[PDB]
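So, a structure with dalbavancin in it.
Chain A corresponds to the first sequence line; subsequent lines are lettered B, C, and so forth. Here chain A follows the PDB entry, giving residues 1-79 in order. All chain B residue numbers match the PDB entry; in order, they span 1-7. Reckoned from all heavy atoms, side chains included, excluding hydrogens, waters and symmetry mates. Going by what the header records, the deposited coordinates were determined by X-ray crystallography, 2.5 Å. Modified residues keep only their parent identity, or become X, and their further atoms are not part of any contact count.
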Amino acid sequence: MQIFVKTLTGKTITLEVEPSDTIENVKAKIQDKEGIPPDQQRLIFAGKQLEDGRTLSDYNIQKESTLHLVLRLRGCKXX
Amino acid sequence: XXXXXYX
Ligand SMILES: *[C@@H]1O[C@H](C(=O)O)[C@@H](O)[C@H](O)[C@H]1NC(=O)CCCCCCCCC(C)C
Ligand SMILES: *O[C@H]1O[C@H](CO)[C@@H](O)[C@H](O)[C@@H]1O
């Protein structure tokens, strides 16, 4: 099925996915298209942040559904 | 370590 991933940068990414795919898969696909490493990706749907490991069907994500992408990297150089 | 960051 088809779903959309939107950012507030004015970008919409179209993806072809299966209801059984995990949020991880989705991030991997996004990496292919946009070059953003999955660890740097946060996906939001229906007021919830989506967890790597759960499936699109778990979250009731269906065709034409729109997930929202936001980027998150905390500084890790130091100690 | 003992000093923070992030750099
Ligand atoms: C400090 O950063 C370490 C790292 O390598 O990222 C972590 O492994 C370690 O757990 C982190 N320490 C804490 O999260 C609690 C730190 C309390 C002291 C710092 C408080 C916030 C301001 C500093 C300068 C970040
Ligand atoms: O952030 C770490 O590297 C820096 C290099 O300039 C140091 O100034 C800092 O004290 C830490 O060692």
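- Every copy of dalbavancin considered, the relevant parts of the structure are chain B.
- Going by the PDB entry, the chain with the most contacts to dalbavancin (chain B) here is Ubiquitin.
- Lab note: per PDB, source of chain A = Homo sapiens.
- Per the PDB, molecule name for chain B: Dalbavancin.
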